[PDB]
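Looking at a structure with lobeline today.
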Amino acid sequence: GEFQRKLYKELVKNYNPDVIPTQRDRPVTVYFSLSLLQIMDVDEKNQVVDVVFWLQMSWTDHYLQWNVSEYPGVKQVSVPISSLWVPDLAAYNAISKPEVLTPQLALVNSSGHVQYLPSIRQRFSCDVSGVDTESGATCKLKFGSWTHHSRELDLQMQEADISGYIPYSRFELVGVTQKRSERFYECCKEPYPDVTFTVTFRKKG
Amino acid sequence: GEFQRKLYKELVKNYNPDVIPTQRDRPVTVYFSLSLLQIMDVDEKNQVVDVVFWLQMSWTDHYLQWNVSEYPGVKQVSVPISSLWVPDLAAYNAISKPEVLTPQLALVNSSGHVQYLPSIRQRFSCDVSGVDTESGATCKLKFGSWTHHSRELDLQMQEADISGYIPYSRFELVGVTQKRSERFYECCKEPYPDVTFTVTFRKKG
Amino acid sequence: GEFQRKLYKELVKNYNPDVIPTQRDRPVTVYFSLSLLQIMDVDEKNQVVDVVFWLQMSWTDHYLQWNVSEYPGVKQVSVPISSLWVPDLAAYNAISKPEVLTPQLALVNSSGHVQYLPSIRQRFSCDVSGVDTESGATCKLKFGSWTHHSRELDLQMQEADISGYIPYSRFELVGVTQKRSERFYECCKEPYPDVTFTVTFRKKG
Amino acid sequence: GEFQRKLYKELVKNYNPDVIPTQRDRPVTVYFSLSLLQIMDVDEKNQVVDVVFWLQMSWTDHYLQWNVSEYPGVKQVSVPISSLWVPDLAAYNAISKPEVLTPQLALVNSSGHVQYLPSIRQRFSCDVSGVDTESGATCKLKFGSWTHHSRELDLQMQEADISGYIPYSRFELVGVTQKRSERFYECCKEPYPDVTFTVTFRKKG
Amino acid sequence: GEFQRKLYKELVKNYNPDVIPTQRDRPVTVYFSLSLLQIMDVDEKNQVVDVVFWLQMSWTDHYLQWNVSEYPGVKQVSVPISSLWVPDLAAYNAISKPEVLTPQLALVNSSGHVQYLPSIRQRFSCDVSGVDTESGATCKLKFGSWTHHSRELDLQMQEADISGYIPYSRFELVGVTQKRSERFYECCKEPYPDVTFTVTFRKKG
Ligand SMILES: *[C@@H]1O[C@H](CO)[C@@H](O[C@@H]2O[C@H](CO)[C@@H](O[C@H]3O[C@H](CO)[C@@H](O)[C@H](O[C@@H]4O[C@H](CO)[C@@H](O)[C@H](O)[C@@H]4O)[C@@H]3O)[C@H](O)[C@H]2NC(C)=O)[C@H](O)[C@H]1NC(C)=O
Ligand SMILES: *[C@@H]1O[C@H](CO)[C@@H](O[C@@H]2O[C@H](CO)[C@@H](O)[C@H](O)[C@H]2NC(C)=O)[C@H](O)[C@H]1NC(C)=O
Ligand SMILES: *[C@@H]1O[C@H](CO)[C@@H](O[C@@H]2O[C@H](CO)[C@@H](O)[C@H](O)[C@H]2NC(C)=O)[C@H](O)[C@H]1NC(C)=O
Ligand SMILES: *[C@@H]1O[C@H](CO)[C@@H](O[C@@H]2O[C@H](CO)[C@@H](O)[C@H](O)[C@H]2NC(C)=O)[C@H](O)[C@H]1NC(C)=O
Ligand SMILES: *[C@@H]1O[C@H](CO)[C@@H](O[C@H]2O[C@H](CO)[C@@H](O)[C@H](O)[C@H]2NC(C)=O)[C@H](O)[C@H]1NC(C)=O
Ligand SMILES: CN1[C@@H](CC(=O)c2ccccc2)CCC[C@H]1C[C@H](O)c1ccccc1
Ligand SMILES: CN1[C@@H](CC(=O)c2ccccc2)CCC[C@H]1C[C@H](O)c1ccccc1
Ligand SMILES: CN1[C@@H](CC(=O)c2ccccc2)CCC[C@H]1C[C@H](O)c1ccccc1
Ligand SMILES: CN1[C@@H](CC(=O)c2ccccc2)CCC[C@H]1C[C@H](O)c1ccccc1
Ligand SMILES: CN1[C@@H](CC(=O)c2ccccc2)CCC[C@H]1C[C@H](O)c1ccccc1
Ligand SMILES: Cc1cccc(NC(=O)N2CCCC2)c1
């Protein structure tokens, strides 16, 4: 009943959504996956692919946990993302702002596990010259934290999902591979991880 | 009137718009209706339909009720939605953010029944290839709660309504059907209800 | 000025811009009129009219009144509309959000009379098929409150004027009318008024 | 700096950016000019001209004054326009919202003099029929206060400039004149001044 | 973590994001670099270039420093830019607002050194008529403080890296240069410094 009201109150107490919830030396592990829903368009002149996808981002926030016996019935809560820390993931080769298609809410259970599952439309730089060939065009969707390094934010992949690709598109989805990389940059002391989704596709016919 | 001014004070006191107003072992029943108003356009290359529709959502928020004898004359109030909990219904196959055309206000009576009735323009993914044939094209417009499952938010369909369809469109509205599904996901033990409106349309002539 | 600064400080006390300023039984009377400045475009395929127009809206807000001899020289003040109650008028057949072209300020005098005079661009659903005939096409621009009925918000017209219509347009005005009606809807026990501006126009040539 | 910081806390005190800083029998004088940077497009069908320009606006706000002696080093401060009163200048014949291209900051010196110099892109209603003729097309960009009459806000022209018109435009800028006018209305005892910029241009050929 | 949360509380105190962090007579030195990623389009009719680029900006804010011994583990934090001072760099000849592609977060180390690295899409006025020639077209990208002169904000370049220019563009990069300038405007006594990036490029094939 009102326990949920009571819980939101305590959870917001002394919480800062700008601050990554690392706990003494241990990085926040962030599990990450992309599912391709639709390739909306290609621009062969300007080298751009327009896509709709669903992101899966999940991690543990130790500040957002609670004893279930103090709030009977409350096993999970639905929370607007502006009120909690969320990973600052960025598409490295995007040429447009992401358009979030779904309500900006995350699910949080009693042990502090968070799930933010946004569906998103965004345009990306890509060489789409081969879209008209048997081998198709290959586009890399590269994602990573904009400002958090490996030892703060440990980005890891879950298995991706093409089962949600719409069948009636004018683009045939040949394949989708994903890989986690990590590199030191000529800029910073700590290394940064990234996850890249490579999608190959062609125009039917 | 003073009584409204006083009533607004009390309704915001101890009120959290992020908390679904469930009440002990009972979900919030959300009644849901869609009236198709106009099919704005069809993108036959990218498989997209652009529609304008009127949504009708209503539910009882038990934290928003008041004794009429205490606030005499005040039988209902008009409140901005940003100050109210609202169902987090997502348009599952939307490829654009919804453009809300009407004022973002809801009606609330003294037993906490809320009505929110936005008019919306939105683009959806759809196989429109059959639009210039007699059988026409069929688009599904699928909605459901993004983060609340069946035991928290009970989505209930109301009557199919095509009376608002403008008569001078270049698209003949053949039929609109609806179905309420309660589907499980490979993730959660609890199902998530969704309401699907199926509209069949074809180019006049 | 000092007196204007002192007046704001008084007027803002307890002011709630979400609460309609009715006074026991008495509705708030709202005067409304529209002047067409320009027909920007007609979309013959999708049945849409793009127009620029000037609304005149005025009403009395009784919490916004003051003794002029307590604030000598202060006869009217300029107030951002975000700070005051404004009628929740909607364009019933708009297919886009209204784009406001002018500063969002209302004039308020010492007897509580408020004037808000925005210039607005907005697109409407309209059968424009006969735009190239001598009879021309007719568009109805219908306006009314979205959540207030007759006994709370009494919409009235002030008379029209077409003298602001730009004369170098490619469209010629053939007829203009604006009437106030009062109709019932399936929802409510109470009637809701509206003002409708009916413009007939055609391509010159 | 340390004193700049302290000057802000003082200036914010009792300051109301909604109240025009008039005195008894002393309008706020607003100096105003326009520099045309480029004519982006002309729309001969819909009668629209698209322009990028630089406005200069300066006025004195006696509530922003300070003693340099009390704040040594601080001759001027850089302030967000949202923090202070600014003239509600409207473009009378604009068919679009002004796109502000520059940081929304004003310069304020110790005597209270505020300078605001935004770069703007905006579209205006205009008869561009003559754009291909030798006579050229003539457009009038008319600006004035939306809600303040002469006795509150005294609009004045400053000597304009076209040294900043880009020389590789496809449009040849022929001539630009300016004039301050003061006109009455049937509504108001007091007149409302405006500054109008007349520009004559033609396609280069 | 808990140290970091404590750290945020402290930096936020008395901190005014509107006040440039000058220290007695010392300007804030701001290092500035542009990395061209993609030329998206050219408009040979409207003389416009559309570009995606990566800006590197860095400066020290002495109000943002702490002792790592007081806050063990915390070497650097990531902070929303809206919550701290940032240079008011303007794109002088831009004809559109900047679309910021990346999270609006800056990095700050314990000595108060701030790094802000937004990726940005923006359109610029430019004579692109050389694009189809051996010499190609030359476009200038002129940036500088809008409201701070040389003695307040000291704009310095860093090397303009073009290792990020995508290879599959239809435009070939011929050369990029960078120059600092100081200009005196008929207004003030101090100079305003601008950094200009000059890019030469031509259509491939
Ligand atoms: C605020 O708005 C809400 C939503 O419209 C109002 O809610 C409705 O109240 C109805 C009347 O109280 C209520 O009706 C029924 O409850 C049962 C149906 O599930 C049914 O048993 C009742 O029948 C009653 O039985 C007799 C015998 O026939 C009837 O003749 C009497 O009318 C009895 O009331 C009612 O039909 C309905 O369920 C409810 N709707 C929702 C969605 O909750 C609410 O009253 C408004 N508040 C106020 C104070 O006006
Ligand atoms: C809260 O959510 C987490 C994350 O889903 C739940 O954890 C998983 O449970 C499965 C099934 O036993 C385990 O195999 C995994 O090891 C868990 N994942 C992680 C990341 O820890 C967890 O069960 C939930 N906690 C509560 C209190 O119910
Ligand atoms: C603040 O700025 C105003 C505007 O520039 C200054 O007023 C000018 O002063 C100069 C001489 O210093 C005169 O020649 C101009 O006629 C003035 N202009 C206007 C519009 O009045 C003013 O001096 C500045 N204040 C301080 C403290 O220097
Ligand atoms: C905070 O960041 C700045 C910027 O990287 C660091 O400053 C530099 O130190 C290196 C060598 O130690 C020099 O090559 C740079 O020229 C320095 N930048 C200058 C001159 O400001 C600074 O050391 C960092 N602080 C901490 C605590 O690590
Ligand atoms: C404030 O403005 C209102 C409207 O102009 C003034 O109005 C009322 O009186 C006028 C004639 O005396 C009428 O022309 C108005 O239509 C009428 N309006 C209403 C709704 O009552 C009013 O006098 C002004 N108040 C003061 C003190 O000047
Ligand atoms: C942002 N950058 C690292 C930070 C950094 O380089 C940097 C840090 C500090 C100073 C100078 C540069 C952090 C991890 C992401 C990486 C991204 C890549 O650079 C990049 C830049 C522009 C477009 C696409 C990709
Ligand atoms: C978001 N998802 C359910 C939650 C969930 O799946 C989920 C929860 C937790 C972990 C992993 C997945 C809640 C109800 C909606 C459903 C939506 C569907 O996925 C989906 C995603 C993208 C496009 C179309 C459909
Ligand atoms: C919004 N509606 C009335 C309110 C109401 O219906 C309503 C009220 C309470 C409960 C359920 C519905 C108020 C007056 C306007 C009317 C609008 C028209 O239907 C309409 C709907 C959709 C597009 C165009 C026009
Ligand atoms: C806003 N109006 C004056 C006020 C006023 O008229 C008015 C005031 C009160 C009642 C009725 C009308 C103030 C000075 C500007 C002027 C603008 C012009 O109307 C106008 C309207 C629409 C498009 C272009 C121009
Ligand atoms: C704004 N201006 C300087 C100040 C100033 O000129 C000025 C100040 C006060 C009064 C009159 C003029 C400050 C530094 C930037 C410079 C910009 C340039 O004008 C400009 C304006 C519009 C487009 C391109 C360039
Ligand atoms: C003198 C003056 C200038 C500008 C505004 C006002 N009043 C207000 O902004 N209010 C907000 C709510 C009621 C009053 C006064």
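Here is how names work: the chains are called A, B, and so on, in the same order as the sequence lines, proteins then strands, and each is numbered from 1. The analysis underlying the following values was restricted to heavy atoms, covering all of them including side chains, and did not include hydrogens, waters or symmetry mates. Counting convention: from 1, in listed order, for ligands and their atoms alike.
For lobeline, the full set of ligands or chains is ligands 6, 7, 8, 9 and 10. In this structure, the main binding partner of lobeline (ligand 8), as named in the PDB entry, is acetylcholine-binding protein, neuronal acetylcholine receptor subunit alpha-7. Within the structure, the other chains placing a heavy atom under 4.0 Å from lobeline (ligand 8) are, by letter, B, C. The residue among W146(C), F184(C), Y116(B), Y192(C) with a heavy atom at the shortest distance from atom 17 (C) of lobeline (ligand 8) is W146(C). The search for other ligands and ions under 4.0 Å from lobeline (ligand 8) returns nothing. Counting protein heavy atoms only, atom 18 (C) of lobeline (ligand 8) is closest to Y185(C) CE2, 3.9 Å. For atom 6 (O) of lobeline (ligand 8), the nearest non-hydrogen atom from the set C187(C), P118(B), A94(C), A90(C) belongs to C187(C). Closest to atom 10 (C) of lobeline (ligand 8) among all protein heavy atoms lies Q115(B) OE1, 3.0 Å. Shown here, atom 2 (N) of lobeline (ligand 8) is out of close reach of the protein: none of its heavy atoms lies under 4.0 Å off. In terms of protein heavy-atom proximity, atom 19 (O) of lobeline (ligand 8) is nearest to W54(B) CH2, 3.6 Å.
Shown in contact with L117(B) at under 4.0 Å from a heavy atom are these atoms of lobeline (ligand 8), numbered in order with element: 5 (C), 7 (C), 8 (C), 11 (C), 12 (C).
Nearest protein neighbour of atom 23 (C) of lobeline (ligand 8), counting heavy atoms only, is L37(B) CD1, 3.8 Å. Scanning the protein heavy atoms around atom 24 (C) of lobeline (ligand 8), the nearest turns out to be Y92(C) O, 3.3 Å. A heavy-atom separation below 4.0 Å is not found between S35(B) and lobeline (ligand 8).
Taking 4.0 Å as the cut-off, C188(C) counts as a neighbour of lobeline (ligand 8) on heavy-atom distance. Measured on heavy atoms with a 4.0 Å cut-off, the binding site of lobeline (ligand 8) is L37(B), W54(B), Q115(B), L117(B), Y92(C), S145(C), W146(C), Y185(C), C187(C), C188(C), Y192(C).
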